[PDB]
**Student:** 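What we have here is talazoparib in complex with Poly [ADP-ribose] polymerase tankyrase-1.
We number chain A the same way the PDB entry does; the residues here are 1105-1202, 1205-1313, in that order. For ligands, and for the atoms within them, numbers begin at 1 and follow the listed sequence.
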Amino acid sequence: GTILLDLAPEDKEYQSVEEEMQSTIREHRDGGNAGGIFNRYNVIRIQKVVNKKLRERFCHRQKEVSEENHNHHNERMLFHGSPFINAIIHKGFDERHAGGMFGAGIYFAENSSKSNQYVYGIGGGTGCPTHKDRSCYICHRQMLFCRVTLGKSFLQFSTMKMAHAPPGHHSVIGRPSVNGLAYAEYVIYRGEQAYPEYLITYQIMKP
Ligand SMILES: Cn1ncnc1[C@H]1c2n[nH]c(=O)c3cc(F)cc(c23)N[C@@H]1c1ccc(F)cc1
Ligand SMILES: [Zn+2]
């Protein structure tokens, strides 16, 4: 099954992942309601996720997408927050579990703070299980930093609800715009198009 390999804080790989997590924090339109109020995280640990079966499905799909995109799979490393991270690291992403702006897909953010708004559910739900606080500064949260095969992407500023990527395409990118999205989002419609590469355990920090 799945093996988690702990990254040391002195490793350049650990440092690269933390830097991407910290530097992509942005100012949210809800004032912190969903994800909590913070300017930085406290990273507890970063683990590499190893799953032979998930890797095989991912690599198989990556080759199909590369062939349909002029031999370029076009991967991006993107964040994913979910109260179901334990199932994802064992079973992978599953599009069958997909109100989304781009329809029935699997969603990722390039801004870690956007994925953080989803760690405890839509709008943060009732927050951490122990204290029922969306802004809990004690409980450890988890998010994934994933390899996402975008292939030939379809870029949009406004909502476009679909069941699958458009013909010939492999993903949908929602870009920010005035009167549109605040931050980008990336959507795939096949679970095998993402690999949950890193598992980050963290706390948000009180300003
Ligand atoms: C609530 N939910 N369930 C599965 N995926 C999600 C959300 C989501 N989860 N996780 C992320 O990191 C994320 C990063 C984004 F840029 C954008 C996202 C998400 N939108 C998703 C969304 C929001 C409302 C909705 F009705 C359906 C889907
Ligand atoms: Zn708590």
**Student:** Every copy considered, what are the ligand or chain positions of talazoparib?
**Tutor:**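 The relevant parts are ligand 1.
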**Student:** Counting each atom of talazoparib from 1 as listed, which ones have a heavy atom of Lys1220 under 4.0 Å away?
**Tutor:**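 Close to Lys1220: 15 (C), 16 (F).
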**Student:** For atom 5 (N) of talazoparib, is the nearest protein heavy atom closer than 4.0 Å?
**Tutor:** no
**Student:** Is there at least one pair of N or O atoms, one from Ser1221 and one from talazoparib, spaced under 3.5 Å apart?
**Tutor:** yes
**Student:** For atom 25 (C) of talazoparib, what is the nearest protein heavy atom, given as residue, atom name and distance?
**Tutor:** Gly1206 N, 3.6 Å
**Student:** Could you establish whether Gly1185 and talazoparib come within less than 4.0 Å of each other, counting only heavy atoms on the residue side?
**Tutor:**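 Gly1185 counts as a contact of talazoparib under the 4.0 Å cut-off.
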**Student:** Starting from atom 18 (C) of talazoparib, what is the nearest protein heavy atom, named by residue and atom, and what distance separates them?
**Tutor:** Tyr1213 CB, 3.4 Å
**Student:** Under 4.0 Å from a heavy atom of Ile1228: give me the atoms of talazoparib that qualify, with their elements.
**Tutor:** 1 (C)
**Student:** What do we get for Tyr1224 next to talazoparib when only non-hydrogen atoms under 4.0 Å count, side chain, backbone, both or neither?
**Tutor:** side chain
**Student:** Which one holds for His1184 and talazoparib: side chain close, backbone close, both close, or neither close, with close meaning a heavy atom under 4.0 Å?
**Tutor:** both
**Student:** Tell me, which protein residue and heavy-atom name are nearest atom 26 (F) of talazoparib, and how many Å apart are they?
**Tutor:**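 Result for atom 26 (F) of talazoparib: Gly1205 C, 3.1 Å.
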**Student:** Could you list the atoms of talazoparib found under 4.0 angstrom from a heavy atom of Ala1215?
**Tutor:** 14 (C), 16 (F)
**Student:** State the UniProt domain of chain A containing the majority of residues contacting talazoparib.
**Tutor:**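 Most sit in the UniProt domain PARP catalytic.
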**Student:** Given that the side chain starts at C-beta and the backbone is N, CA, C, O, which of these parts of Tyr1292 lies under 4.0 Å from talazoparib, counting heavy atoms, or is it both or neither?
**Tutor:** neither
**Student:** Which other-chain residues have at least one non-hydrogen atom less than 4.0 Å from talazoparib?
**Tutor:** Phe1183, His1184, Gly1185, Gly1205, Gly1206, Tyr1213, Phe1214, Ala1215, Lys1220, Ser1221, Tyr1224, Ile1228, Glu1291
